[PDB]
Novice: 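Model contains dexketoprofen. Questions to follow.
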Amino acid sequence: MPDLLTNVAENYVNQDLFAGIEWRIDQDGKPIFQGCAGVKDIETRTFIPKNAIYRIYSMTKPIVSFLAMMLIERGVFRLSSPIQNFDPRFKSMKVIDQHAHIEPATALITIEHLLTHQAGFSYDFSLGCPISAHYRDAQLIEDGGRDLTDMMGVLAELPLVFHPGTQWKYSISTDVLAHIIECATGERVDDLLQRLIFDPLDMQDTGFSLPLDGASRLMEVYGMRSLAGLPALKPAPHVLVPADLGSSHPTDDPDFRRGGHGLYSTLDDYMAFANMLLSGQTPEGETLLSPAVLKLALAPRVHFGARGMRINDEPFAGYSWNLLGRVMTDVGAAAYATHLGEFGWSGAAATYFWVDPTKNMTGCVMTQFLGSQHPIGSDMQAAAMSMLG
Amino acid sequence: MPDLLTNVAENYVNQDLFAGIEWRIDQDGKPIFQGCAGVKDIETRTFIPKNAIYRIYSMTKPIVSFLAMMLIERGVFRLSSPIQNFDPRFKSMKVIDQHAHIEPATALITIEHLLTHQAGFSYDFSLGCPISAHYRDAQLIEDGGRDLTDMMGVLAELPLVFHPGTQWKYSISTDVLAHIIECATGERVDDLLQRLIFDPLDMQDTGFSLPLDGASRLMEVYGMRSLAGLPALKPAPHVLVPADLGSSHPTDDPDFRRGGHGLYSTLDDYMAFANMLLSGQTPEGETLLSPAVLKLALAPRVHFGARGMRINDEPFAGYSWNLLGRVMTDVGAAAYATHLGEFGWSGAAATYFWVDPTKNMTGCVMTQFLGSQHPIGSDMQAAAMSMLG
Amino acid sequence: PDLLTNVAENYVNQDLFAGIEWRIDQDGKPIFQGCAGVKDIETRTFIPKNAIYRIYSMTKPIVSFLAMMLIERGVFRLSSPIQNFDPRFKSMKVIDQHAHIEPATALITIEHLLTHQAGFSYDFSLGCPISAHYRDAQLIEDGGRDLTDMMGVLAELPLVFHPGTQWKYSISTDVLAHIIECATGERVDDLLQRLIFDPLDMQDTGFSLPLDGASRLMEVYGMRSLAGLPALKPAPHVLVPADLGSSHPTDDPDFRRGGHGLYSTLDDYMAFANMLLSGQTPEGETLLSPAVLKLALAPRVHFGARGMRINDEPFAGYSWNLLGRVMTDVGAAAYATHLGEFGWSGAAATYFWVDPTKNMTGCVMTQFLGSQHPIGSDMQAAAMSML
Ligand SMILES: C[C@H](C(=O)O)c1cccc(C(=O)c2ccccc2)c1
Ligand SMILES: C[C@H](C(=O)O)c1cccc(C(=O)c2ccccc2)c1
Ligand SMILES: C[C@H](C(=O)O)c1cccc(C(=O)c2ccccc2)c1
């Protein structure tokens, strides 16, 4: 019953493992626990500003996935839609394996494959993956200044690493999804996110560029995990040194937009999104997604074998995959406190959130550390679970 | 919360993909959404008439299957009854495989096998099926003027494509069921349907021939999918050209009757049948099928492997098979909005219906297009699901 | 008809190879031989007398034979763990295509090196979980790095399977050359000179050019590049001179490798191939006993349905012995051969074979990297058909 959340965060700051941390836990749509620890940057020790801004990386994916579900509801496409219907550059895909064998794909990539990371795409930083070296040579993630549409043209020429539908591998497929959304609608994904999600939820600080007053609110990002170079064979030491993002994550590029990363947000903005996922509605009662399609989106859809869900061989114990991210399907296999049906996702800079329908609960932890050797997100979830009976 | 049903239907009509569409959604036995779009025929653009008549094709199957369950309840036969007990022409069946090997069947075909499409029968238009070419040579479906009893004599001489009970393949077995009903009762299947189902439910426009005033109400049927010829290796283009049914679907043949297709019906008539499936009762409370046997009929009975339920390799994602048609058994595998336990079926001319017990809901979409490249039925179900919370 | 000349002249006439030499011996004496084309298409110089070729992986049967001689002499044995000779190869790790890394559950042995079952990879192995890290380390590209130092960099990288459990064509012959140096205290080039080249009078074979060698070196063509990533589809087969960077020096007195790097001539390599019919020099001096030669030639790795493959190219009907390929099923073979035919080939399209049933040897010398045409096998097939 003590405040384990503050204890976790203060200990991380006091041990020089994270510069600054913010968190909020809501229940029934209202804050029940919240706090902050540390500073905006350790170089000057400026205090965490009001409505501090974070690079949320793959916490972009549940947002872009939710947009796709809205467009499915509105009839733009369906889960079974072949993506080549919208961009013929994804016609005639090939599949490569670890033995240098290449053959034509025997199934078409669908919207559902993109949402479930079963399309056969890879990721630039996937260690040991048969094709990731070719992704890195193409600078798919590193070259943030390249237009989404043009990056997709380069990706489309590369082989998949399995036949669509047959395996699971966490991937660039959410970026493909953002692009296919643009093809299917004739609109830009950032404009669609603004009009259909951010504005109805009053997420005024969320987007692919900083707000006008955003520079002074941007949290510094730390860590040794590097985008420029080969995936490491052992984790870099966990040290608070400012991270060099190269040109991968611009702050003021009006055309920068992605599906798998790239949003800036705030704790308050992301909690508005997370709370919405408990119902599909805005706080006033506008429906962003009907209950039936929200249930379709949250139902466990990819189930895993004995070794479970893994990303670069890191486990997500007891989790299955739904159309928006992870979902807890076996508390008896879980590695940290949770409840059946808890869902959410996380980002490369150690941001983390969850939604727990059994407790009408949402939680989010914001920090900026790339390559963390400490699972701060899960530690904060566990603390909150222990505090909510 | 907008009227997604009207949007789906109007868009289909405005894009010249369907000539005319009617739909109705009922909840608690009363209409909650309904509409119509387009025309009876694009040649004259005559408006959709009152109580327009549709060829419902395989939406005949749930009706004939329901009749069989009524006869099981009344003791005429049982699920385990070997059909050869009623027609010895189905004694001594043979089984053929894709390697030209023929051997005697090692199990007897039962009523249950017929209801579950596990008897080993095929269908004339089954692409790649070892025996479908012999079905087509025999004109089993094409020759609508042939008496059901005589068509069955020709079918009975052909081999099955697997041993009864061992596999699932959507088939002519509902026509065998209609015939075996005639053998077991000494009555005609159309008279039994009239007396036991249509008349109690006041389905006055449903039958294997047009009503006296029916000609002016019959919707035109469109599409390129052809009965006369080999199953196509790629889908014919989706174009609104009137379809030539040959002699396969007579309008005024007093002896035409089948189990798997051939009924004419109306939106209002079919909704009466669908609403009945929520309880087994007529609106006044007469019992057509007891709750226990209705539960037996709706329980998931055939379960599918990783590739799922497929018909000509088209998927029915998340569906299992019960004694009347499809039933949703995993929302997390579903490809469009649904709820656990949703059941129903559909027909070759794109008619579609569903029953959703979790919402006390029924829905039906009526149109006439053979070989549709657009899944209008599932699109309308998804719209209705999104509108009903 | 002279099928050999017809194959070679067609290859030259279609602008697919600049110059080709071949010789086929039976009972130690030439029965077929010829040349076609030129040393270089730029100046159209004729193929010189005693023309010199980069033989690339035809280095491997020579270094493997040396290892068998050292086994016979007791320096080490097939079962020797290589970590006994270089402890940098203690505590190896294994990586897989799912980013999982774990300790190796078996020690790498001499036999593993000779059979490419040690778990090593190659820089240009397309799709291989670890080849990107080989290329980042420039293991093959950096020819000026001493063998010993290159091995230190390699030893820190994970294997791609547990030693002994799979087959993958690999840098393991370079590891073998290095372990030979550790075990003997001598350099591999000096050992090759004393034990093989001098007894066989292979005066033009070595890791550097002879003093008069520059004018005899054949030009090398092709677009397959060591620099960048392995290509997802073959580069066009066009006669453009190849850029070897610093991978294959001509006059570095310390350059030595196990898997590539020798210069040789047609005559020199035929002396080596003819020796493999007996283990003896033409004068009758024994280089390797009959018993150990049999041990070296016996089929040792057998392959599944996919068969033996290197970057997914098949070697149909071939198994692997301690020196290279060996034909074990003529009914699976894709070109004329006999049971027991053995040999190997190199990246610049050089090829040789030994056919014990016919007391026959053959070698085709050319210089083309990334060939889209199997000139070696076409010439073997032509020679087989002319018997
Ligand atoms: C998967 C990972 C995440 O969001 O978890 C992700 C997605 C997209 C981009 C990036 C990066 O920019 C990055 C930065 C430093 C090192 C490696 C990658 C990381
Ligand atoms: C399976 C299919 C259905 O009801 O789904 C069906 C059942 C019975 C008859 C027919 C046809 O007449 C037909 C018409 C045109 C092309 C192919 C078949 C079609
Ligand atoms: C496997 C291959 C062979 O001998 O078959 C080989 C072994 C060693 C070195 C090289 C190269 O230098 C090279 C040159 C151009 C392209 C790629 C590699 C090639």
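Chains are named by letter, beginning with A, in the same order as the sequence lines. Since chain A takes its numbers from the PDB entry, the residues it shows come out as 1-389. Throughout, chain B uses the PDB entry numbering, with the displayed residues spanning 1-389 in order. Here chain C follows the PDB entry, giving residues 2-388 in order. So this one's X-ray crystallography, 1.7 Å, going by the header. Heads up: this isn't the whole entry, just a piece of it, and contacts are only counted within that piece. These values consider heavy atoms only, across backbone and side chains, with no hydrogens, waters or symmetry-generated copies. First listed ligand is number 1; within each ligand, the first listed atom is number 1.
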Novice: What does the PDB entry call the chain that holds dexketoprofen (ligand 3) with the greatest number of close contacts?
Specialist: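 Its main partner is Est-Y29.
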Novice: Help me out: which other chains have heavy atoms closer than 4.0 Å to dexketoprofen (ligand 3)?
Specialist: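 Counting heavy atoms only, the answer is C.
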Novice: Using a cut-off of 4.0 Å, list the other ligands and ions near dexketoprofen (ligand 3).
Specialist: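 Answer: none.
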Novice: Among protein heavy atoms, which lies nearest atom 15 (C) of dexketoprofen (ligand 3), and at what distance?
Specialist: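 Among all protein heavy atoms, the one nearest atom 15 (C) of dexketoprofen (ligand 3) is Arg225(C) O, 3.6 Å.
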Novice: Could you identify the single nearest non-hydrogen protein atom to atom 4 (O) of dexketoprofen (ligand 3) and state the distance to 0.1 Å?
Specialist: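 Of every protein heavy atom, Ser58(C) OG, 2.6 Å lies nearest to atom 4 (O) of dexketoprofen (ligand 3).
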Novice: Identify the closest protein heavy atom to atom 6 (C) of dexketoprofen (ligand 3): which residue and atom is it, and at what distance?
Specialist: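 Among all protein heavy atoms, the one nearest atom 6 (C) of dexketoprofen (ligand 3) is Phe125(C) CZ, 3.5 Å.
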Novice: Can you pull out the closest protein heavy atom to atom 12 (O) of dexketoprofen (ligand 3)? Residue, atom name and distance to 0.1 Å, please.
Specialist: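 Atom 12 (O) of dexketoprofen (ligand 3) sits closest to the protein heavy atom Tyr57(C) CE2, 3.3 Å.
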Novice: Could you find the nearest protein heavy atom to atom 14 (C) of dexketoprofen (ligand 3) and give me its residue, atom name and distance?
Specialist: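 Protein heavy atom at minimum distance: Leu227(C) CG, 3.8 Å.
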Novice: Using a 4.0 Å heavy-atom cut-off, say whether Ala349(C) meets dexketoprofen (ligand 3) through its side chain, its backbone, both or neither.
Specialist: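 The answer is neither; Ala349(C) stays 4.0 Å or more away.
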Novice: Which organism does the PDB entry give as the source of chain C?
Specialist: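 By the entry, that would be metagenome.
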Novice: Look at atom 2 (C) of dexketoprofen (ligand 3) and say which protein heavy atom is nearest, naming residue and atom and giving the distance to 0.1 Å.
Specialist: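 So the nearest neighbour among protein heavy atoms is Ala348(C) CB, 3.6 Å.
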Novice: Which residues of other chains have a non-hydrogen atom closer than 4.0 Å to dexketoprofen (ligand 3)?
Specialist: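 By heavy-atom distance, that gives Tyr57(C), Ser58(C), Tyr123(C), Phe125(C), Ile141(C), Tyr170(C), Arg225(C), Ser226(C), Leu227(C), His261(C), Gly347(C), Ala348(C), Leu370(C).
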